[PDB]
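In the model that follows, one finds ciclosporin.
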Amino acid sequence: XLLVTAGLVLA
Amino acid sequence: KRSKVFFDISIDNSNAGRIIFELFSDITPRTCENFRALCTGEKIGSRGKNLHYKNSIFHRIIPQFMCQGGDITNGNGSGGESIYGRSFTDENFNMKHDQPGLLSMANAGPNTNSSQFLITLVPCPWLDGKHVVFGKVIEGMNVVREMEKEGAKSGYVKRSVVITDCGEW
């Protein structure tokens with residue numbers, strides 16, 4: 001999807 | 001109470017321009033202070049080098065969404081470090097992602113802020129309550145649009161988008 005993470009990029 | 005900082009951006013060694021940010025120091029003093037300090041490079045990190053955004057890159061850019069950077073330790077999105085240690089708590093969520101050109105903290109869930117951030121290219125209401133918004137692009141939004149063109153739907157950035165200089169303004 002559209003997230004802004006650091007390490008496990010999800011959907 | 002609010003202060004300002006800047007980034008000079010280069011794309012494959014070519015200067016793209018300058019971006020000036022106003023920090024919401026009056027709303028999230030702790031979060032803003034971290035960012036300010038990382039722009040000046042005045043603090044020493046866990047290693048022996050100063051925590052500094054200079055020479056760091058934007059490793060993930062998704063058109064019509066946001067530009068992500070700030071991984072000053074691994075440069076791939078897995079690292080980062082703040083002047084408060086490896087991570088710090090979410091200060092507050094008073095400000096929302098209601099406009100383009102906003103500075104917001106990237107994280108890996110509750111209270112995992114470090115040095116990675118994103119610059120919004122459009123409103124991102126789905127990020128509200130999960131990411132701390134602490135600043136606004138007040139000059140150089142056109143430079144940010146140039147950076148946007150270097151991205152891809154996958155977030156993959158082909159050319160090197162680097163912060164060649166930065167500090168307080």
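The sequence lines fix the lettering, A, B, ..., with proteins before strands; numbering per chain opens at 1. Atoms considered below: every heavy atom in the structure, side chains included; atoms not considered: hydrogens, waters and symmetry mates. Simply put: modified residue means parent letter or X, and its extra atoms are ignored for contacts. Per deposition record, X-ray crystallography, 2.1 Å.
Every copy of ciclosporin included, the relevant parts of the model are chain A. Counting heavy-atom pairs under 4.5 Å, the chain with the largest count for ciclosporin is, by its name in the PDB entry, peptidyl-prolyl CIS-trans isomerase. Entry annotation: the source organism of chain B is Plasmodium falciparum. The contact residues of ciclosporin, taking heavy atoms under 4.5 Å, are given as B/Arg60, B/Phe65, B/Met66, B/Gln68, B/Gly77, B/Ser78, B/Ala106, B/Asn107, B/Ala108, B/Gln116, B/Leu118, B/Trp126, B/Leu127, B/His131.
Measured between non-hydrogen atoms, the residues of ciclosporin under 4.5 Å from chain B are A/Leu2, A/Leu3, A/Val4, A/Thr5, A/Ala6, A/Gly7, A/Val9.
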